[PDB]
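Just so we're on the same page: letters track the sequence lines, and every chain starts at 1. Counting starts at 1 for both ligands and their atoms, in listed order. Every heavy atom of this structure was used, including side-chain atoms; hydrogens, water molecules and symmetry mates were not. Header lists the method as electron microscopy, 3.3 Å.
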Amino acid sequence: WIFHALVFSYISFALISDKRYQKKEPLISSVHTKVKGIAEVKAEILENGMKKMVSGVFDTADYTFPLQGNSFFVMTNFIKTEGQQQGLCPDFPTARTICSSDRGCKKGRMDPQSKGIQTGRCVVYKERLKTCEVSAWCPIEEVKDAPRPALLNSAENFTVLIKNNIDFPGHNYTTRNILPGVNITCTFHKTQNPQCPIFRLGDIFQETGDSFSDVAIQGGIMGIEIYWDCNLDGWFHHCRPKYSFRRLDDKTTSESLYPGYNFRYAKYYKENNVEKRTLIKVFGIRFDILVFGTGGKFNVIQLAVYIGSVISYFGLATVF
Amino acid sequence: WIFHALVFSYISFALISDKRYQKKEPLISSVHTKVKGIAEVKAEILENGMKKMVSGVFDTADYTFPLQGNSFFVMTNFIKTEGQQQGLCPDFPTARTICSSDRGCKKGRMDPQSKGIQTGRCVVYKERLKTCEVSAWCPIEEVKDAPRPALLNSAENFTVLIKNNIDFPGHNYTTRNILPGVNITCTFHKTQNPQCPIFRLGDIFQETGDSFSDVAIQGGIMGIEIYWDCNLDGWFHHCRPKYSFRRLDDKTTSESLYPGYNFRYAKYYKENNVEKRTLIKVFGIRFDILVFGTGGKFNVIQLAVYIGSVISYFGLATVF
Amino acid sequence: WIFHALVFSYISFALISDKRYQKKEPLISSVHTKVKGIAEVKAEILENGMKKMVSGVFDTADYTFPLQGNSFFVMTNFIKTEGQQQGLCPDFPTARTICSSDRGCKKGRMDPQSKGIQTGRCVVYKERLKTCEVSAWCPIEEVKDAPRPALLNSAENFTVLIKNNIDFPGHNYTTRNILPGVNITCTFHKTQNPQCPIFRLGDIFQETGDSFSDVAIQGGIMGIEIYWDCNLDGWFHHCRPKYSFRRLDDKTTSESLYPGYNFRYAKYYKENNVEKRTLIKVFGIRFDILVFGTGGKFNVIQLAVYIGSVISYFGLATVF
Ligand SMILES: C[C@@H]1c2nnn(-c3ncc(F)cn3)c2CCN1C(=O)c1cccc(C(F)(F)F)c1Cl
Ligand SMILES: C[C@@H]1c2nnn(-c3ncc(F)cn3)c2CCN1C(=O)c1cccc(C(F)(F)F)c1Cl
Ligand SMILES: C[C@@H]1c2nnn(-c3ncc(F)cn3)c2CCN1C(=O)c1cccc(C(F)(F)F)c1Cl
Ligand SMILES: *[C@@H]1O[C@H](CO)[C@@H](O)[C@H](O)[C@H]1NC(C)=O
Ligand SMILES: *[C@@H]1O[C@H](CO)[C@@H](O)[C@H](O)[C@H]1NC(C)=O
Ligand SMILES: *[C@@H]1O[C@H](CO)[C@@H](O)[C@H](O)[C@H]1NC(C)=O
Ligand SMILES: *[C@@H]1O[C@H](CO)[C@@H](O)[C@H](O)[C@H]1NC(C)=O
Ligand SMILES: *[C@@H]1O[C@H](CO)[C@@H](O)[C@H](O)[C@H]1NC(C)=O
Ligand SMILES: *[C@@H]1O[C@H](CO)[C@@H](O)[C@H](O)[C@H]1NC(C)=O
């Protein structure tokens, strides 16, 4: 007869822990972010074998874009090429693009590593070096790695404020990330301040486990997961978020898979009645905000179904 | 023996109402929107203590961007500053940025309310007023409230057409929000026309409960929830959407939390061989389209499981 | 007594096939795409009744934008209008905008098919043709169809590489689309190579069922569904994706519903100290990446609940 009570105790433990008496429903989320911080860029680079100085001040309008699709982008490094115009120009000296005569490459060939339409004419590029010219924007962008000191390294000091509004459409419940009457002067901490939504990017990378400088050198992808485990029952009601960080970057470190996060941005203008384009290769950090959760509310039908499923179980337990 | 029939009646009530005989599947959605309307802007503003006239016509290409991430943006107000260039300039007179001598502020200090790198030199700004200069884009943008009459108030008359395509991957079912052979000349109404997807922004604000002018003064965020409650069984098949509107804005009304929705847009160009930037502080309404739903189809396994779980229930009910 | 074994056989059938012993949890996805390919555009068009030649080379920075909201856009056709400035100009000759005298149209009228504010003055447009002028950007963009040969037809030869990172937050499981030590030189095939994520757009349209030329003529919307059916149990562990393609475009083919996918892009500049705008009507293909799935792991509670639910079932089966 002791088993008759042990089974009932296990049933009660299951009902309490698993919350089998509640209907659980998914979450509908909306995110709004604001990034603040200014960076003083001052460095020296080598463009086309010539030393150049990059100096300036970047404010919020110079390194980011408004949030779109629960994600915002923070720019950290750039390579600029100015004065490009459509025409004919030799390709960059490379093993695939090198030639000794015009027969080395054929007209109309398209190479994956090239940004021009080949025309088959091996012209001298520089210092008795011959490459076969292509029809594209000229001059061809120099193939170089990102600067070894990150240009916008101070971006590790920027602060992002996140507002999350969640709704459970089946129930009549909607709430927000920032409750009224809460401090707005915060720097997020795992234990000291786990609820104020102001995050520091360097702190995010510190908790996750990487170094901000190395990632910002070639860009990357990170994600801020906001988990909502909400109990909406009147007796025990609690609906608060939990913040975690996870690097979504693949860390391929292989040139064939395009490691890191980067893209190309184009600005078109006119000079001396000639159309021109300037190309900025931008390396940055892409922050995703993955908001997930569920909400449970008491339901009579679910409780009845669970009790019915348990009734035969403990009946057999008594019988056996 | 009457309880033996009452339990069975409740059994059938639960089975019919809760649809316990149906496997339920989430929804995969795709949204495509088109916003139309032109606004004639004509007003007078005060920039740097001087009266200026803003007059023009804004078409679809001048106040919105293509939909990205199930959300589109509608511009409603702006503050323009043209002719900025990198250099040294005094900051705007403010309690934090004010000084009587050069010792008031230190070089290299960064202030959250300032957009420049401080250099520590208290120079005259205007009319025997001294502030310590910073290195940034100059002249520093004037911090002022949005114009009391909303510039793009006529944006309340714009019309948005929404096309939603939903799919249930587990089942072989996909459908669209606009069925064939339906009127395309519509203005959405709660009761008169609840299925045609052409919405008027002013009407959205009217059903939601706010006023378009006040929200458009400082921006805001709304969400157009499209709920799909679809029964895919052949006997009783119905898959139609229901439209609701909900304001996702936090309505903080506190300057520390950045009330409303706004951002900064930058346009870079060259003038007299000098690089320059023009900055537009844009206030607008961000419309989100939260599409959620589920689809249920008859499943033998679910029906068998429910019947088995309730068999012990009514057996005990008869026994007791 | 044979039924006593048949019921148990169906019991095992349901438990094995339906995986009723597993707790199933949804998926959290992050997508990162890279599109490559250059198109040599060379064609002749008719603008304002005059023959013009469009020739150039488009690289990755000239026909696409960085991925935002699990979707990327590839431009395929464009119509350019340059030199627009704010002012008064007659509208395009149309049945709605035609007039014989100034009384034909009234000042301030807003027509849906026009992009200007009517001022009520029927002036000559061209060759003894009278339309009433409007205040807007001038000259009014010509109402013409897209060029019959798609300008960026070669966009069917572009290649897109997709990296998907999925996480099951409830369990301690995260994985990626590209496993280590796998070939990166691929062209996706239904049977020959179903796991390498390099897709050719022409191949996507071939598997889906349409022709790339017709779709690219007026634009369209497509979706690449990545389905993750993952079993995380140690005995039988497999978590691999399956790729499918589906056209999300409505295919309305009715002018009132705006068939295809297109938008208007604006570039603002200054010429001779006069503000000017150039408008590009862009037709392109919007690729969506709908990632969905679920992950199941063994749970004792679910197994106990299913066993309790089915115990009464087979008990009645024996009794009956
Ligand atoms: C136009 C060019 C540009 N175009 N897009 N874009 C961009 N990229 C990615 C984004 F997420 C947002 N914005 C930028 C960045 C700033 N840009 C600048 O010229 C610039 C501005 C300030 C200071 C300096 C300095 F320090 F070098 F002198 C420069 Cl060079
Ligand atoms: C370049 C500047 C600009 N840059 N971005 N942008 C923008 N902002 C947010 C978006 F969602 C989309 N587009 C705008 C708006 C229009 N712009 C204008 O100059 C302009 C155009 C027409 C009429 C007038 C008028 F009435 F003032 F004379 C002006 Cl001032
Ligand atoms: C500025 C203008 C422009 N502005 N935005 N934009 C755009 N649209 C949609 C996107 F998804 C991304 N980018 C474009 C495309 C290229 N553009 C060009 O001028 C251009 C460039 C190269 C060759 C030629 C050629 F062949 F005609 F000579 C031209 Cl005409
Ligand atoms: C970030 O700020 C701290 C002080 O708040 C400063 O010591 C540090 O140098 C800054 N980071 C960079 C990259 O300059
Ligand atoms: C915020 O925190 C400060 C100290 O960090 C504390 O003195 C203050 O009471 C808190 N609340 C408000 C509203 O400032
Ligand atoms: C919107 O249109 C109505 C007429 O359709 C007009 O009376 C009203 O003034 C317009 N709104 C604004 C802000 O002008
Ligand atoms: C659309 O509505 C009008 C009146 O609002 C009605 O006369 C017409 O029959 C409806 N259907 C179509 C296809 O126009
Ligand atoms: C795409 O490439 C193939 C060869 O790889 C070529 O035959 C075809 O003409 C190209 N497509 C277009 C539209 O030129
Ligand atoms: C890739 O495929 C080629 C042939 O398609 C094969 O020879 C090679 O072994 C594969 N793996 C690698 C790593 O190249």
A.B. asks: Help me out - what's the drug at ligand 2 named?
C.D. replies: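 At ligand 2, it's JNJ-54175446.
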A.B. asks: What is the name in the PDB entry of the chain with the largest share of contacts to JNJ-54175446 (ligand 2)?
C.D. replies: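 Most contacts go to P2X purinoceptor.
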A.B. asks: Tell me which other chains have a heavy atom under 4.0 Å from JNJ-54175446 (ligand 2).
C.D. replies: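 Heavy-atom neighbours of JNJ-54175446 (ligand 2): B, C.
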A.B. asks: List the source organism for chain B per the PDB.
C.D. replies: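 Per the PDB, the source organism is Ailuropoda melanoleuca.
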A.B. asks: What residue-atom pair is the covalent partner of JNJ-54175446 (ligand 2) as deposited?
C.D. replies: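 Here, no covalent bond links JNJ-54175446 (ligand 2) to a chain.
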A.B. asks: Binding site of JNJ-54175446 (ligand 2): which residues fall under 4.0 Å, heavy atoms only?
C.D. replies: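 With non-hydrogen atoms counted, the site is B:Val54, B:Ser55, B:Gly56, B:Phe58, B:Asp62, B:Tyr63, B:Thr64, B:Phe65, B:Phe73, B:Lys80, B:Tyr265, B:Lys267, C:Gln86, C:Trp137, C:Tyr268.
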